[PDB]
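Bound state: ATP-dependent Clp protease proteolytic subunit + bortezomib (bound form).
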Amino acid sequence: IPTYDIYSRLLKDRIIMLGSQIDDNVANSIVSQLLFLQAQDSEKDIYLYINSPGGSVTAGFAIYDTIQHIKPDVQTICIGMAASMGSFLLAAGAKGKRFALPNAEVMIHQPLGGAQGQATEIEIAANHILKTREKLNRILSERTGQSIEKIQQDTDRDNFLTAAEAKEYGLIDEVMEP
Amino acid sequence: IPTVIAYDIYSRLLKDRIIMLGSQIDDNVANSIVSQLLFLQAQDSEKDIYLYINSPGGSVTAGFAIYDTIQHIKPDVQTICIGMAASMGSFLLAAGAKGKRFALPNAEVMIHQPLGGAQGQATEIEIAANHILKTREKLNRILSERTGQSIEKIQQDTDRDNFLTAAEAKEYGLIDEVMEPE
Amino acid sequence: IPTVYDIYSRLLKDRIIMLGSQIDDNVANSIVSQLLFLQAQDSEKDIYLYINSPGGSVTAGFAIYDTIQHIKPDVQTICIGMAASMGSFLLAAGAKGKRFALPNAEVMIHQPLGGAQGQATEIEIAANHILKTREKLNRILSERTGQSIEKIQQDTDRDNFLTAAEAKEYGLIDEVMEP
Amino acid sequence: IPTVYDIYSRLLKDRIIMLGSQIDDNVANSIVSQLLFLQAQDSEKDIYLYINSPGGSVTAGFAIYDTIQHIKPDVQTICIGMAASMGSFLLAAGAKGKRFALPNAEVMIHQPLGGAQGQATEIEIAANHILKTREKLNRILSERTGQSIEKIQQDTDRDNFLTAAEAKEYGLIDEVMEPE
Amino acid sequence: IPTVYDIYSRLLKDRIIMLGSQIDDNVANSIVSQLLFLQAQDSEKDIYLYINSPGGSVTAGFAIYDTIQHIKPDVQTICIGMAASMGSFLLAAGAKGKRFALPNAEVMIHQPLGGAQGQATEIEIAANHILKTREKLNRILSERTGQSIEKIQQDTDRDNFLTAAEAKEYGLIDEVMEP
Amino acid sequence: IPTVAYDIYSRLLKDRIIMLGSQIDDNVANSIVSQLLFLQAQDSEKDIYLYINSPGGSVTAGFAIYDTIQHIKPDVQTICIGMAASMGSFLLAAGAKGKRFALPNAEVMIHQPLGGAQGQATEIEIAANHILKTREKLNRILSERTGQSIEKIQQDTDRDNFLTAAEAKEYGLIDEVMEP
Amino acid sequence: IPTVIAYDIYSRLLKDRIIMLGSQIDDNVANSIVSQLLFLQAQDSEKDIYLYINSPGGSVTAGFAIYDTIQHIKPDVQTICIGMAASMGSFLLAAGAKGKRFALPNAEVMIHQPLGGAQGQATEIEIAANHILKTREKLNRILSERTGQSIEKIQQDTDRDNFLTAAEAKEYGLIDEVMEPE
Amino acid sequence: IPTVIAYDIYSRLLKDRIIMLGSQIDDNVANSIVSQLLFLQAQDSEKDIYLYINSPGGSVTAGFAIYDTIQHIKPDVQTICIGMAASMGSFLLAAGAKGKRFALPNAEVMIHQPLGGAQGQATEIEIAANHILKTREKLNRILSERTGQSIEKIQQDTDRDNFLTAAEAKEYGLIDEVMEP
Amino acid sequence: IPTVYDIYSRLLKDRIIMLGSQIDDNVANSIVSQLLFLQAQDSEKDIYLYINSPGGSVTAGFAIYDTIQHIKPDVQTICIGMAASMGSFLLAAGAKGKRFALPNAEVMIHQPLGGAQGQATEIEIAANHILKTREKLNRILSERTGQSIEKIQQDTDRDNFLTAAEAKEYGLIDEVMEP
Ligand SMILES: *[B]([O])([O])[C]([C][C]([C])[C])[N]C(=O)[C]([C]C1=[C][C]=[C][C]=[C]1)[N]C(=O)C1=[C]N=[C][C]=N1
Ligand SMILES: *[B]([O])([O])[C]([C][C]([C])[C])[N]C(=O)[C]([C]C1=[C][C]=[C][C]=[C]1)[N]C(=O)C1=[C]N=[C][C]=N1
Ligand SMILES: *[B]([O])([O])[C]([C][C]([C])[C])[N]C(=O)[C]([C]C1=[C][C]=[C][C]=[C]1)[N]C(=O)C1=[C]N=[C][C]=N1
Ligand SMILES: *[B]([O])([O])[C]([C][C]([C])[C])[N]C(=O)[C]([C]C1=[C][C]=[C][C]=[C]1)[N]C(=O)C1=[C]N=[C][C]=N1
Ligand SMILES: *[B]([O])([O])[C]([C][C]([C])[C])[N]C(=O)[C]([C]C1=[C][C]=[C][C]=[C]1)[N]C(=O)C1=[C]N=[C][C]=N1
Ligand SMILES: *[B]([O])([O])[C]([C][C]([C])[C])[N]C(=O)[C]([C]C1=[C][C]=[C][C]=[C]1)[N]C(=O)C1=[C]N=[C][C]=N1
Ligand SMILES: *[B]([O])([O])[C]([C][C]([C])[C])[N]C(=O)[C]([C]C1=[C][C]=[C][C]=[C]1)[N]C(=O)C1=[C]N=[C][C]=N1
Ligand SMILES: *[B]([O])([O])[C]([C][C]([C])[C])[N]C(=O)[C]([C]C1=[C][C]=[C][C]=[C]1)[N]C(=O)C1=[C]N=[C][C]=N1
Ligand SMILES: *[B]([O])([O])[C]([C][C]([C])[C])[N]C(=O)[C]([C]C1=[C][C]=[C][C]=[C]1)[N]C(=O)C1=[C]N=[C][C]=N1
């Protein structure tokens with residue numbers, strides 16, 4: 001905001017700041033930043049700070065798949081709160097390089113959505129959101145080491161975790177101490 | 001709206017065992033129709049009742065309050081479609097006493113599958129989808145019994161809005177006769 | 001609005017029905033109930049249906065139309081002011097020889113209007129339905145006026161305003177009621 | 001709103017109809033029904049139509065106009081307050097010799113108003129219709145006032161306010177009713 | 001709202017009319033109908049018109065004004081609360097000698113208000129009409145109060161509030177009604 | 001709306017029939033409670049028939065009805081038509097034992113209470129404790145009325161749970177499916 | 001949108017012949033994408049262009065502005081689905097250079113039939129219905145050519161919303177490869 | 001929105017004599033397109049101009065500001081339909097230099113009669129009706145000149161919305177060539 | 001909007017001013033500022049004012065009109081699209097011999113529009129003002145076209161649409177610019 005703006009100045013040092021809800025506009029910007037940083041240097045780590053209430057699942061997967069596709073390691077650092085698709089992206093950082101600050105919060109839960117129309121249309125929408133949850137649970141299981149059954153049970157309702165609990169859960173690797 | 005020497009016009013027709021269904025079907029309408037049906041049975045459990053239907057449809061459970069009351073009471077309930085019987089309106093038309101389901105010649109009948117909505121967590125959406133799918137299975141089973149068509153044919157024919165003339169509704173089994181002028 | 005009965009209830013006692021609004025399911029339900037009541041009171045005496053209406057729902061209009069044709073009494077139709085769209089269709093539906101308009105009353109005919117929203121498949125279903133509805137209206141209007149279906153189709157493509165004398169020449173009414 | 005009957009129903013018992021609002025289909029249907037009822041009660045006795053109206057729908061006004069001319073009784077018209085637009089047309093439609101205005105009542109005449117939207121072909125249809133409607137109104141008003149159609153056309157091009165005395169000079173009424 | 005008849009209908013039985021609202025065409029239609037009804041019942045007995053009104057439409061007020069002057073009975077006018085604008089004009093229109101205000105009633109006089117929109121020619125027509133309406137009001141108020149038209153014009157250029165005693169001095173009423 | 005002078009519902013009340021056919025709020029409960037009290041005063045022994053087609057509503061309003069049913073001397077039969085959901089299914093289960101019915105295609109739905117809380121953490125805690133105690137109260141009564149364990153009721157009301165009339169009988173929410 | 005040593009991030013990617021289509025498709029978006037394609041061809045008529053697609057779809061005519069420009073220009077336009085390619089977005093994904101249409105492993109693809117509206121006289125509704133049906137036939141024919149699926153199968157599979165994984169989109173022929181991590 | 005170095009993408013294309021119409025046509029759009037056409041004639045009075053058209057149409061008088069400017073200036077203005085050219089958009093497509101009017105293969109063209117509104121006194125509605133009818137006659141006369149169809153055929157073919165494929169638009173005379181790859 | 005100058009800034013370098021909107025105070029102050037700037041750059045060279053405008057505020061238009069007459073350079077006016085109301089007034093205000101319209105440009109002339117609300121005295125003031133404003137516009141338009149004031153008054157009573165050829169015949173422009 002102070003004028004580079006401050007975010008452009010941090011991007012020069014390979015730091016991307018996610019500090020909002022995740023929608024297609026945010027995801028397209030984050031993806032473009034990741035591809036640019038890879039083009040600048042395919043070896044150096046990238047740092048993705050996350051303070052986000054979540055957002056669109058498909059927008060989040062644009063970021064997730066780009067993180068996994070590019071050559072650089074992407075460190076993830078939770079400040080404030082990583083909720084919903086934000087906590088999914090926090091867990092998507094390079095293994096060994098996923099962090100939270102000591103008073104940061106992590107929240108996990110199941111996807112939300114809506115369906116309107118004919119019974120046949122509602123069935124299609126329900127099957128899609130159920131398949132999307134299975135996809136999220138399968139990946140979270142791979143990234144945390146927890147069973148798919150445990151992820152399913154633990155996301156049935158809003159589940160708030162301290163930074164220490166998120167490390168225990170396998171969502172992060174370390175609580176970043178001063 | 002007008003008054004007869006004092007009854008409003010619908011109260012006057014109710015004295016002759018005629019019930020007019022001429023609106024969307026919601027709980028308020030169903031409560032009134034059920035009450036009229038129970039009242040008419042208490043007055044005379046043998047005489048026929050006449051239910052005129054001009055309705056775009058409405059709530060499935062409100063329609064089933066009327067449907068079940070029709071089947072519970074002793075009097076035959078004749079159904080007469082004027083104008084249009086759509087959605088739950090055509091379901092109630094088909095629910096009239098066998099042999100006593102009618103449509104006037106230019107009345108229209110429309111059948112289709114139920115509509116609804118669901119919002120919230122994936123598990124809540126799944127519960128709502130399962131509920132509306134089961135409701136459709138229930139409606140199709142009854143319509144099959146009342147029309148003679150197979151459940152599979154009902155399912156195919158209600159996937160989208162399906163408009164029938166009075167003559168087509170008779171051929172389908174939704175009514176027994178097209179009422180020709182007296 | 002005034003009391004004597006309200007004024008419309010007082011006229012109903014003399015077998016007069018006033019259709020003086022847009023035609024919707026509520027209006028059709030009331031008119032059909034009045035027609036059925038009058039037939040039950042006396043199945044031989046004429047009924048008088050005054051029409052001042054901009055039109056309205058086609059299915060609501062057909063509830064009235066089919067009830068007129070079903071009951072035993074002749075239903076005279078009398079246009080005052082304007083009978084447009086489904087209003088002019090009901091005007092033409094009165095007992096043959098007993099369809100009237102006052103000298104400065106206006107009659108308007110046109111094709112049905114509607115809407116469709118959604119998938120291409122759903123728009124196609126809605127279009128086929130409104131087109132079949134137009135064919136149904138045109139066939140009946142042809143029968144009631146003596147005009148060919150082809151002429152009715154041409155003459156309803158756009159709004160077509162008729163004077164009372166032109167409505168008689170067209171076959172929508174039988175007589176212009178003079179003082 | 002007072003009860004005696006409400007006050008209007010009580011006056012209707014004495015063959016008086018009160019027009020005190022804009023003229024739309026609901027008002028016209030009521031007035032036509034009152035006129036038909038009064039003729040059925042007695043086809044010989046006069047009816048009195050009081051008019052305080054800003055005007056309204058032309059077709060609704062013609063429902064009233066044609067019913068006045070159709071029925072057997074003379075319909076006296078009495079302007080109180082203001083008879084504007086379709087209201088002044090109905091004032092002039094009273095039985096000749098029995099059209100009145102009170103001394104400070106106002107009369108306004110002007111041409112019809114309307115709207116049109118859509119394709120050029122549709123706008124043309126709507127324009128032709130309102131122009132034919134104006135010709136019809138002007139022709140009848142010429143017959144009822146004795147003024148030429150050309151003068152009626154000129155005098156209604158814009159809002160034209162008349163005193164009661166001016167309305168009598170114009171032929172819209174027959175007499176200014178002075179205090180009894 | 002209470003019932004005895006509702007309270008106002010009960011007062012009308014004793015020839016009392018209550019004007020307690022803004023004056024519009026609906027109110028004038030009711031007041032005029034009550035005046036005609038009372039004259040038809042008895043053309044000699046006085047009528048009592050209570051006035052608590054902020055004013056309203058000039059033509060609606062003149063419907064009432066001309067009916068008061070037309071009918072045979074004397075119409076006493078009694079201001080309670082406030083008689084403003086067309087309300088004070090109607091107060092002054094009561095039978096001479098029978099116009100009253102209660103001691104703390106307020107009277108306000110001012111010039112007409114209106115609006116005009118459109119072409120210059122239309123604005124000119126509207127301005128001429130409201131100016132001619134103001135001249136008519138001033139001429140009648142001059143006759144009713146005994147004040148010159150020139151004085152009425154000056155005293156109504158802006159809102160002019162009067163006590164009951166001042167209204168009597170002005171000629172708008174004849175007496176302040178004491179207990 | 002029709003008249004028999006009685007409206008149709010007043011006419012049914014003469015035969016000890018009460019129709020609950022809307023959402024349950026304080027106004028509806030006030031009306032139902034008053035009808036129950038009136039019927040007891042007319043005849044303290046004869047059965048009352050309460051038809052239920054309701055999506056539910058306020059818990060405290062529902063308990064005004066519930067406690068009145070249990071307080072009065074007459075048995076209250078409950079008859080579900082259409083749908084008895086949420087507090088509606090609670091009241092259906094509250095009818096006199098042996099006299100709780102559903103029509104064959106009527107639906108029953110049970111779930112836990114819903115609410116909201118806003119303000120300071122202390123205020124949110126008070127509101128949360130209140131809705132949890134309210135849920136425990138509902139579940140304890142439903143367990144007594146159905147014969148199901150409290151643990152099963154809690155399990156079966158965690159989310160919306162739709163039951164057919166035959167399933168509602170098997171569950172213990174009603175005693176019989178009313179056949180034609 | 002951050003700035004780079006001065007470019008905004010998207011202008012910086014355009015320097016390397018990368019176009020980001022990351023919103024609903026309307027005339028404004030199509031004007032921008034078409035102008036970028038024309039500019040890139042003018043810079044170099046031989047080098048590939050990369051079109052990233054994360055779009056819920058949008059206007060069919062706006063999508064065809066982009067589609068026809070992709071086919072008209074000389075460079076191959078690679079298409080890469082990230083996140084979701086739905087409706088006209090999945091149609092443009094399938095429009096990339098054959099062999100150079102990609103989706104990331106967790107990207108979603110959705111296909112369905114066109115949506116629209118019609119209001120007015122019966123003859124106007126008929127004109128609008130005929131137009132949207134002809135538009136659907138055009139989309140299906142091109143999608144058949146681009147995927148290898150029959151027109152009949154496309155019609156069947158787009159009757160309702162049809163969600164596909166990246167792997168299923170490859171089997172369907174909408175893309176050529178699922179891009180696995182580098 | 002993207003920048004080329006500094007030009008926005010549309011300014012960079014204008015440097016190569018390309019004008020992009022990609023919106024409804026209102027006075028603001030017409031002011032901009034007229035200004036670009038004047039500027040390009042000032043930069044070079046001989047070289048062709050390329051006007052891409054993807055437009056639902058819009059104001060007739062705004063469209064005529066563009067139309068008259070195309071005919072007035074010395075350079076040939078090529079018109080290229082991408083997406084859709086409807087209503088005044090198809091009128092402008094047909095207004096390009098003869099032999100240099102193009103549509104891409106899946107571009108749509110739609111022709112129809114003008115739309116408008118009128119409110120007020122009968123005399124004002126008559127003035128408004130006469131104006132829109134004269135405007136329709138003007139549009140039909142010019143479209144006849146530019147397509148080679150008779151005025152009577154243009155009138156009949158524009159009574160309702162009339163959608164054409166690119167190939168149908170060429171046969172009609174609205175364009176000269178379907179641009180193939 | 002096209003930018004490196006925007007396109008309008010580039011045309012201003014060549015002494016071209018583009019009027020392409022309604023005329024309000026913001027537009028007038030921009031146009032006046034451009035005219036004054038151009039005069040300061042070169043007081044001898046012509047200025048070109050393109051006009052496509054539905055009109056607007058009379059006083060804003062007179063800010064432009066008086067500036068055109070005040071500065072030394074000839075201001076050519078060129079109508080493209082439509083010059084209506086104050087737009088056609090400004091079109092007629094260009095240097096004599098240098099007022100143009102393109103062949104399919106339209107010109108519309110009519111009387112001023114406005115509004116007035118409040119006391120009768122206030123409506124009278126507003127009516128007198130718009131009437132004097134119309135007299136001022138007609139007198140200037142008479143001078144710039146050669147038509148009598150009486151003819152201008154008659155021809156602007158309602159909306160009067162003119163082709164470019166008719167506007168030349170009327171005297172609002174000097175030439176229809178052919179290709
Ligand atoms: B969360 O709350 O951020 C969650 C992500 C996940 C890891 C549990 N996101 C969602 O549940 C979103 C909510 C949303 C709906 C609509 C617009 C934007 C965001 N859901 C989806 O993206 C969704 C919904 N239905 C089907 C598929 N995806
Ligand atoms: B119809 O359109 O009348 C139809 C009845 C038919 C298929 C026999 N009714 C419905 O589909 C209604 C629509 C509706 C929704 C919400 C409020 C009122 C009406 N559906 C339901 O009643 C419904 C929806 N979801 C689940 C169960 N029931
Ligand atoms: B008219 O204008 O009254 C006309 C009747 C005439 C052609 C004999 N009615 C309609 O066109 C109505 C308009 C309408 C739309 C929506 C609500 C109410 C009225 N159309 C229909 O009733 C209709 C019927 N079937 C299909 C589509 N529209
Ligand atoms: B007046 O102002 O009441 C006037 C009557 C006068 C000329 C004898 N009436 C109208 O101009 C009405 C206005 C109106 C429009 C819409 C709803 C209600 C009233 N005009 C018409 O009735 C009309 C308009 N266009 C065509 C035909 N009739
Ligand atoms: B007053 O404020 O009541 C006043 C009356 C008079 C005795 C000075 N009335 C008006 O000025 C009204 C205001 C108004 C009320 C309701 C509708 C419209 C206007 N003015 C008019 O009645 C009127 C009369 N002729 C022209 C314009 N306005
Ligand atoms: B149900 O949905 O009818 C249910 C009743 C129960 C037996 C499962 N009712 C509620 O959950 C209501 C919802 C409501 C909220 C606000 C106003 C009206 C109704 N809840 C309560 O009444 C409630 C909520 N919080 C605390 C106490 N009571
Ligand atoms: B999709 O949902 O994006 C779809 C494209 C197709 C490949 C399945 N687009 C549409 O269905 C659009 C929806 C829309 C409507 C209105 C404005 C913008 C977008 N339809 C159309 O573009 C359309 C509608 N009717 C006729 C022709 N084209
Ligand atoms: B079209 O749909 O773009 C069409 C152009 C023509 C070639 C058939 N445009 C119009 O019909 C416009 C529509 C419009 C109305 C109002 C504001 C903006 C656009 N009509 C006019 O420009 C018009 C309307 N009435 C009179 C004169 N011109
Ligand atoms: B026209 O429509 O541009 C016209 C000018 C013509 C007669 C040469 N202008 C006006 O009539 C404007 C309309 C307007 C009203 C309100 C805001 C903006 C524009 N009228 C006036 O500027 C005006 C001037 N004096 C008094 C009242 N109105």
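First the proteins, then the strands, lettered A, B, ... as listed; each starts at 1. Read the numbers this way: they start at 1 and go in the same order the structure lists the ligands and their atoms. Only part shown; contacts counted inside that part.
- Other chains with one or more heavy atoms under 4.0 Å from any atom of bortezomib (bound form, ligand 6): F.
- Defined by non-hydrogen atoms within 4.0 Å, the binding site of bortezomib (bound form, ligand 6) is F:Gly56, F:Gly57, F:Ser58, F:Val59, F:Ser86, F:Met87, F:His111, F:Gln112, F:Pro113, F:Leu114, F:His130, F:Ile131, F:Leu138.
- Lab note: covalent bond from bortezomib (bound form, ligand 6) modeled to F:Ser86 OG.
- At under 3.5 Å, a nitrogen or oxygen of F:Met87, whether backbone or side chain, sits near a nitrogen or oxygen of bortezomib (bound form, ligand 6).
- Bortezomib (bound form, ligand 6) places these atoms under 4.0 Å from at least one heavy atom of F:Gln112: 8 (C).
- Bortezomib (bound form, ligand 6) places these atoms under 4.0 Å from at least one heavy atom of F:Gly56: 3 (O).
- Looking around bortezomib (bound form, ligand 6), I see no other ligands or ions under 4.0 Å away.
- Listed by number with element, the atoms of bortezomib (bound form, ligand 6) under 4.0 angstrom from any heavy atom of F:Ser58 are 19 (C), 22 (O).
- The N/O atoms of F:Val59, backbone and side chain alike, include one that comes under 3.5 Å of an N/O atom in bortezomib (bound form, ligand 6).
- For bortezomib (bound form, ligand 6), the polar-atom distance check finds no N/O of F:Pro55 at less than 3.5 Å from any of the ligand's N/O atoms.
- Not one N or O of F:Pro113 is nearer than 3.5 Å to an N or O of bortezomib (bound form, ligand 6), by distance alone.
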